[PDB]
Peer 1: 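Here's a structure for you.
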Amino acid sequence: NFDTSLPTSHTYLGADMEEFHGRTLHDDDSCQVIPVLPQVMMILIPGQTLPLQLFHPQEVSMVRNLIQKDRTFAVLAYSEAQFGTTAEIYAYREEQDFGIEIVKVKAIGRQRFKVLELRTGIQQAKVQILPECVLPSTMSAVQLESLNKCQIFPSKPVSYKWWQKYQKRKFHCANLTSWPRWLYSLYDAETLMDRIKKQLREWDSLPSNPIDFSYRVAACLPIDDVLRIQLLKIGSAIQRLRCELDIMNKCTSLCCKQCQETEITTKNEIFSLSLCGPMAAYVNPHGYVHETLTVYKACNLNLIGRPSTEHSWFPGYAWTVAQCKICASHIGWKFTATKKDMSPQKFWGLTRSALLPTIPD
Amino acid sequence: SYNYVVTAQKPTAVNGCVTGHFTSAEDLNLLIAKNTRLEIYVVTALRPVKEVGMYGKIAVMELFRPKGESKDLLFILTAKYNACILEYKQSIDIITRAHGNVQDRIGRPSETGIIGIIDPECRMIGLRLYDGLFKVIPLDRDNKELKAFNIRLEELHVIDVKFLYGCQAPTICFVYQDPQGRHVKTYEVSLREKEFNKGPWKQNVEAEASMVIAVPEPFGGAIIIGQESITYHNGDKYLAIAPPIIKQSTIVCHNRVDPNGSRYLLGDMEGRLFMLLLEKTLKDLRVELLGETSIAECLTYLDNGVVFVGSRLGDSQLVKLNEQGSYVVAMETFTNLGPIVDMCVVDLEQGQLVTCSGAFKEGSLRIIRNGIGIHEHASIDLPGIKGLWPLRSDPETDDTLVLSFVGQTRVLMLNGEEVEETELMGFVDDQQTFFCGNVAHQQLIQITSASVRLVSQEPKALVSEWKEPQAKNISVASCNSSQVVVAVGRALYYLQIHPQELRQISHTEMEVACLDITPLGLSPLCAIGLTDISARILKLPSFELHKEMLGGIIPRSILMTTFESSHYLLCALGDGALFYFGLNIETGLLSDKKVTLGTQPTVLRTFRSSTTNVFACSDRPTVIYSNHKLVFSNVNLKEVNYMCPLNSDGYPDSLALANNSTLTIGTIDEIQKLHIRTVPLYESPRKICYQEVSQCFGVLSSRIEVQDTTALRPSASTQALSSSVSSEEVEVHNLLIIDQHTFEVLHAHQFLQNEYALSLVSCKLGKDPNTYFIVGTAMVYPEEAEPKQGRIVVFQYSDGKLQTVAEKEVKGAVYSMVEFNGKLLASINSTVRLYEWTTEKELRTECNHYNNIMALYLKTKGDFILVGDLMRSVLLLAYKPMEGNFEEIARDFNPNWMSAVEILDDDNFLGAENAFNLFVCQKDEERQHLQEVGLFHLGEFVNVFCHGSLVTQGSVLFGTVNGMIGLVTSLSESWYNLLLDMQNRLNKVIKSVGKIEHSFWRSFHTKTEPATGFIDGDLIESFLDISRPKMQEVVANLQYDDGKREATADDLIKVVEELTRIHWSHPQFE
Ligand SMILES: Nc1cccc2c1CN([C@H]1CCC(=O)NC1=O)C2=O
Ligand SMILES: [Zn+2]
């Protein structure tokens, strides 16, 4: 095998970046005016990491000044745009060697917002912060006071009766309400997270806070720009986790987005080469961003040009352009090992914008 | 949209219960919390003394005595973190010594909930609200604002905490859990440093230990209750028992019996009451099983071995604990409607409410009617009674009851409480009697069909007789103290009463079904009822008319009577109608005013209860009054054919009631009240609906059986007359068929093993004349998180049997069902599905709608459908008849736990949502967006809404976890504006217990926002109780509405009173 922490540290971007201890948040429902960077297209998720490479003096100004000292710009989901996410710069290097100015930055998604107005070649967006909606348990409202003492349980051994036990003791006071234990169970952050864990385990810990967890798996899920806007629209951790379980059951195959009815890969094949997941965002040399998904097998693709390690997002591997056999539409890349001792000798990296999740039959 | 929320039944379930010396140092009090209410009793060998209402859910309530104080003070903490210290004052005030809001800006509320504790030396209140922190309020005389400070806790998951006794400083003892397990620790609170100090001792306790008990100051130390073990600690002494007798369940409440701490009471999760004993210094522990009580939430030992068992799941109790080995026995029961888990209304057209109340062994049906009750003292088996008269065998008080049957009369003598049938000399007993009673000149009178008999008193004899000149059959009679007016079919005669003689005076003729001559000594006025169908008035001696006409069935009863000092005439119809006209004492003209009471013909009698009221017999018996307007008021009895007043040496100011097979003698309640009938089921009722043609209710219910599979006790569902089947604890679901009159369990159907019954409905479908019970089920497996299969079962109850008329398998859970224009509308998982009912007698899917949300809630008006889920997402849908299809109209995703929804009207939706709130969504392109037009912090968890009528526009009732019943109704914008002013001005004037601002209380809470579009009728109605100068203070700047003007106290007094009349009145506490 190879070092799984390497892809998330974006080593292909260069040697070293000055780091900033990020602590600026805007309070809920507020109206903020934030810069929007040109030619950035992606739907960015809170906690997700975003690397960039800037060449236009336009861009290079926006950031140079951003560094002092908000460090945050706005990323938009394009339908143009109804919603988006604040991204805060946590690392930055400014190379002007050969007299050519490049700015490389690593930002992280922070807050979800609703677009009010969009003014202008740099954009500034009028933006209302959407609150992260945090709810107690379903039972904390109807819970008998006498049974409060039992709400903490002995912790789970590192085994399924424990969950039957958990369900029986935590949701006991359902009897006071008009629904069963097993219903309240389907809105229980702790349960849902566990059900999601097991699926994510087949791609082999992680956050314990439901908000974080729900945002971490949100960024892993290979879905399409129209479905990504949906979860982004979602304000609740619970509804995020739920909806996320839905996709993981309902979306087994992955097809060419362009010619639509053509299978590239399946759930079975998805694996986390990156520590972060089966999917992360990566910049190419011209500054374009790709959320690429690592799979073992991929069908109906043609390979053109020569395997190359040039600017490779996976140190140790060379990339070859892969495209849909039918439509010729560029679906992603095949990665091959350069050492005969490395595990995965090949894997496919598929760009998310090129795919369409399908529920077969 | 603008709504009025008012309570119709205050919360009945007990939150907490404390004793101590509060009223006086001498008194011993029991203090009982019922959510937002606080009842104060004095213990005796319980006298209610004072009840008050917080603007707050009572979450902590302790008694304590500060140094150099003469009686205990009371600490309350509300769920909104309103603290206060309260004092009783003798008419009676509860005063606020101290108060303040102990909330923190930061702070994750602890999983184990709020915990309030006061140390033994009354130095401080210790508050555990959040993980990591321990809040301390010093009890210094000069801390009126309850300002406080926090101490950091290394331990983040504390299960339970108490201060200990007998320490050289205030000391907390607590059980906490971390990665290595569960442990007890102690900390010393350094008063000077304001910080924790290394405690006296600490100790890995039982895995499931959860209850801390601080033992008083001989032994001191702490007791720890767990799942299998009870353990004692102090310094480094240590005692551990693990008796079998506590194996079976979980100890969840406790209380100290005596100061010594020798004995403790312990309450199971399942009804068991234990006694724990400390054996003596301290050498051992022993548990004893006292027996079964209501499932206890809280226990208090009072005195003379009497114990208060505060229940939430059932009725609360008083239990007497009585060699022969320890036992406990029930003394008293106190009504709990708590968990109102579902309800329905019978007689929407009286009007009674039926609930599914309680849980496990406490499960019951509650039947709730408003009305005047009757205490019965005696019953006599005599079939066929057709008249009742009180009478007086001797010149003081009645002692004779005369009853008539078809062509027969019988006389009953009364000696105290013993009734003996006798003969009255002078009274013929072979005819049916039309009137008899006491008359003028020391005499007695019997008016039969044949003749009219004047009888003397001392040696009783027939002194004078009167019969028709042609010896004909009398059709109707009427007589008062001194006059007689008898009708003979075609014409009628006027007669008088003088000593020894009754001689005629008038001999008229008619163009007659009832008469009256009640004087308002001699009445110069006469009431008549004639194919001419009119209530005619006639002059005495003269007979020469006023009149009125009624049109349409012949009138049965007529009466002239006086309410207040106004005069009326009453005429009751043979179809069940009642007409009430205004009268003219000297003139004779009549005016105005009608009401129906029940199709069986009505009979009217006078009685005194200082003034005069009228009893009306029919299918529904009714008392009438009054305040210069007249009032309907139902009597809590099944039909009574006849009544009369009875005042005896044995039955003073009492009543005699006769129906078809029984005569009853009873006293009659002065005020109305709520009459609750309880049908214990000994299992959890889950749904109810009312099938009128089968005259019975369907009730979904479940019971808990334990593995090899068998029940824990006899249940409704195991003790039905007939029963059918479909063929570690488990759940067994049934449909019960409960008879509507006798509340017998007529039938129990039992669903499939692991089949969960979720929804129920009674209805007609398509072109089928039958009414069906229709259950929605779901298949519940432990391995399977998401429901993947379920049934819709269509049952029919004919004869004594439940038949299965049809099934429909469905690829998921049937959460909800509503009958929808003769079709069946069912929500299955995340689909909403509409079914047609064919002639093949099968449910055949017409259409189907998938949503982003699991269709938990379904409600309909006309063609509109409201779809909702646990998470508070609502969808408005429209069935399109020409499309055979659904259409989403509006939608609103706004994430909060939601517990119940209802449609108010085409454009407005009511909902209950997290932290005991109510909200209202309004319909009015991108106007598929619903607007939030009303919020209100209710203070209850609503389970069920239903359209109803208790007796403002429309009416929605709600039932609640704490057992409170509420009412919601619409107000015009004009009234909302008026009442909003009023609330604010009433807020300036009314003293609130913990000095909590009404505004803060009603503010929508989770986030916090002000209340809106809701009027607290509970607050408005208190306007009536403030002083006359305060009433005028409040109405100083209010615009009333006619055609507007400065409102007066009297305009408001009558406005608020009309308002009190739309729900049941509250009972006085004392
Ligand atoms: N050279 C070139 C020119 C235009 C686009 C792109 C490239 C290389 N590249 C990707 C290829 C896969 C990788 O591992 N790193 C990259 O940077 C592109 O997306
Ligand atoms: Zn293609």
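Chain letters run A, B, ... following the sequence lines, proteins first and then strands; every chain starts at 1. In listed order, ligands and their atoms are each counted from 1. Determination method: X-ray crystallography, 3.0 Å.
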Peer 1: What is the name, according to UniProt, of the chain making the most contacts with ligand 1?
Peer 2: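 Most contacts: Protein cereblon.
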Peer 1: Indicate which of S-lenalidomide, WIN 54954, 9cUAB30, D-penicillamine, GS-441524 is modeled at ligand 1.
Peer 2: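 Here it's S-lenalidomide.
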Peer 1: Help me out: which other chains have any heavy atom nearer than 4.0 Å to S-lenalidomide (ligand 1)?
Peer 2: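 The other chains in heavy-atom contact are A.
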Peer 1: Which UniProt Zn(2+)-site residues in chain A are within 4.0 Å of S-lenalidomide (ligand 1) on a heavy-atom basis?
Peer 2: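 Going by heavy atoms, UniProt's Zn(2+) binders that qualify: none.
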Peer 1: Which other ligands or ions have at least one atom under 4.0 Å from S-lenalidomide (ligand 1)?
Peer 2: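 Looking at distances below 4.0 Å, I see none.
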Peer 1: So, going by heavy atoms and a 4.0 Å cut-off, which residues UniProt tags as (S)-thalidomide-binding in chain A does S-lenalidomide (ligand 1) reach?
Peer 2: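 The UniProt-listed residues with a non-hydrogen atom that close: A:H311, A:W313, A:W319.
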Peer 1: Which UniProt-defined domain of chain A has the greatest number of residues in contact with S-lenalidomide (ligand 1)?
Peer 2: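 Chiefly UniProt domain cult.
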Peer 1: At a 4.0 Å heavy-atom threshold, which residues contact S-lenalidomide (ligand 1)?
Peer 2: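 The heavy-atom cut-off picks out A:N284, A:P285, A:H286, A:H311, A:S312, A:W313, A:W319, A:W333, A:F335.
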